[PDB]
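Among the contents of this structure: GC376 (bound form).
As listed: the chains are lettered in turn, A, B, ..., one for each sequence line. Chain A is numbered as in the PDB entry, which gives 1-305 for the residues shown. Residues displayed in chain B correspond, in order, to the PDB entry positions 1-305. First listed ligand is number 1; within each ligand, the first listed atom is number 1. Recorded method is X-ray crystallography, 2.3 Å.
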Number of protein chains: 2
Amino acid sequence: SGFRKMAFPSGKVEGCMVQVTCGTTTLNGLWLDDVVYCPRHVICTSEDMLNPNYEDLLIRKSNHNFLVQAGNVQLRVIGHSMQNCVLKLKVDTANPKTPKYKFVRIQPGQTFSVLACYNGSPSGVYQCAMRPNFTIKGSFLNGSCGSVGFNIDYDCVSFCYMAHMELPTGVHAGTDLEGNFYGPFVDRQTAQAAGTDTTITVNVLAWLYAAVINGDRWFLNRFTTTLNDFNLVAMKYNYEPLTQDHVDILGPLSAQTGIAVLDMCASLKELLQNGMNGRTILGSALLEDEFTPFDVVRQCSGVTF
Amino acid sequence: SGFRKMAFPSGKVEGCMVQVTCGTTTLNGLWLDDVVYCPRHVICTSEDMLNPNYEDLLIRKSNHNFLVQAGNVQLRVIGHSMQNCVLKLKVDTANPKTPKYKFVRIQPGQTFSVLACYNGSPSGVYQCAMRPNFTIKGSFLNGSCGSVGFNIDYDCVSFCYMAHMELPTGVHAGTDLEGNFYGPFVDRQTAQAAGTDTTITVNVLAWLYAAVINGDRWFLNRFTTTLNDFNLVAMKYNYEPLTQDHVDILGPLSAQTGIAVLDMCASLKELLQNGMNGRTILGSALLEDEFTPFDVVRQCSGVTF
Ligand SMILES: *[C@H](O)[C@H](C[C@@H]1CCNC1=O)NC(=O)[C@H](CC(C)C)NC(=O)OCc1ccccc1
Ligand SMILES: *[C@H](O)[C@H](C[C@@H]1CCNC1=O)NC(=O)[C@H](CC(C)C)NC(=O)OCc1ccccc1
């Protein structure tokens, strides 16, 4: 029993992290096959970040201006190109630790593990979720750019995120591994505000099912509700509108616990209207929304990789 | 910026996890050099667990009754011995992935990362802390025994925990890697109650310093207090008594934030007496006590391994 915020084993990703230096700027890169992926602002100085013209900045950059280092061994850069906001550095040696991998762009509400790195060296691993405003609540200091988020399917590593920047509200933003930012953000040292921090309703419900599985059941009320009525109460507390697809996804957890999805929505509705009265649910005094229905099933079943 | 519950990279430990089968029972083991460490109750059946006599049960167990499997390759068992509550299986092949390692028994209040495994395969990684009642709040299903907790010092993996059992209150208990249980617990299928769940006061204070570093500062009051006066209020809320050593350990964080330790204690005292008024601190509606002063410094500085 027990339920914990759990990240994937980071071993397969640690073997792909390198250090990319371009002048004064040093950040992390991802060495897959004979390609190194890193944020394109590695070519910016302490002044160009306000309004960088990456096409012009890349003109006076040659293959030899990129220092790619894996541990204490250097990789020879034989080619480079800019794909959106990521830089692809063609090296001459294929990474011997390259695992089976995919490039996947995730949707808001999906979760992934982040391997925070500095100078091409892993610092730690923690679980995240793509917010509805396309940001992530992470832990990133200077030099952490290039750290990647990933999911693991058995033996296939699914790369979905790369850290690029922090927003003025202490929240972070990045791109997928094809260089396209999540959301309306740009790799620019400007004032970019994020939208309203919406709560992932289907994830709260899946987390409530996890609590029922693990003994926490005081919040189970004697009420039920409808989808439209719940969404009227959810829209005032900045909750994602619940859809019929979300109900279907919660199907497995509903059948396993004998508690209908709409009955669980009524329990959430009361927790939103009455609070938690100082009580806790799975050791949390607040409603957690960073477990997908899939994370709950995986953790409660013992799925390995 | 940002502060997250962060576990060490699990890569160095994934390469040491094996599957140990003894009859019907299957659990995980730790392959270091030519030794495999696993809980001794791998030799118990579904009935002996109530009152096992491990000396007698081990008499009719031979080297060949232990099936150690690393992936799809088997290790030949050439010797076995019982050291307290762990079994040491002498194999003929040294693990080629053995990292620099230590066997360290940690104290209550220290933190470590757990690599939850099933059938010798890693499932996930999460950060824990040794509770003052010598339990841990983890996520363990059937077949997870043998999973280990660890800290990493640069390139040295410090092994400190091995999962053995769950207590009737959904909390977990285990031993160090020399077989000695943490606390008064025994590897027995009996009713073993845990003590009062005390909060690690020095860890709450270190976490409050982290909040001040990361912008959360509404809880900073205009008060101060003394050590004795704080402990009078802390003993009623089941908080660990604060000592002068704890003050010294918080020295680095105090000097970095310009906030004296006793001033921070006064802010905690008010949070204990008045609550958090529905507000949050680093995204938590409850006081977190699973960050040591060292975890805070490490995460806020960018220490790599
Ligand atoms: C990359 O290492 C670095 C990581 C930041 C710094 C601390 N946490 C992070 O996520 N990011 C940058 O250097 C980036 C440069 C590009 C925008 C070209 N700028 C940045 O992220 O600064 C943070 C910030 C930006 C705008 C307003 C307030 C803060
Ligand atoms: C080892 O795989 C297993 C892990 C338990 C089961 C789910 N979470 C855990 O931590 N532990 C055992 O099989 C163990 C056997 C030894 C005590 C010989 N027994 C156990 O942990 O059962 C849990 C329990 C014990 C006593 C009261 C209530 C529950």
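- The ligands or chains that make up GC376 (bound form) in this structure: ligands 1 and 2.
- In this structure the chain with most contacts to GC376 (bound form, ligand 2) is the one the PDB entry names ORF1a polyprotein.
- At a heavy-atom cut-off of 4.0 Å, the other chains in contact with GC376 (bound form, ligand 2) are listed as A, B.
- Inclusion of B/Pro168 in the set of residues having an N or O under 3.5 Å from an N or O of GC376 (bound form, ligand 2) is not warranted.
- Not a single heavy atom of B/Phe185 sits closer than 4.0 Å to an atom of GC376 (bound form, ligand 2).
- Distances shorter than 4.0 angstrom occur between a heavy atom of B/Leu141 and an atom of GC376 (bound form, ligand 2).
- In terms of polar-atom proximity, B/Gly143 is counted as a contact of GC376 (bound form, ligand 2), with an N or O under 3.5 Å from an N or O of the ligand.
- Heavy-atom distances between B/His164 and GC376 (bound form, ligand 2) reach below 4.0 Å in at least one pair.
- As recorded in the PDB, the organism behind chain B is Severe acute respiratory syndrome coronavirus 2.
- Judged by the shortest distance from any of its heavy atoms, B/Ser144 lies inside the 4.0 Å radius around the atoms of GC376 (bound form, ligand 2).
- Residue B/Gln189 has at least one N or O atom closer than 3.5 Å to an N or O atom of GC376 (bound form, ligand 2).
- Residue contact annotation: B/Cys44 has no non-hydrogen atom under 4.0 Å from GC376 (bound form, ligand 2).
- Covalent status of GC376 (bound form, ligand 2): bonded to B/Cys145 SG.
- Under a 4.0 Å non-hydrogen cut-off, the residues that form the binding site of GC376 (bound form, ligand 2) are A/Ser1, B/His41, B/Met49, B/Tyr54, B/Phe140, B/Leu141, B/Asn142, B/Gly143, B/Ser144, B/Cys145, B/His164, B/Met165, B/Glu166, B/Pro168, B/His172, B/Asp187, B/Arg188, B/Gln189, B/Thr190.
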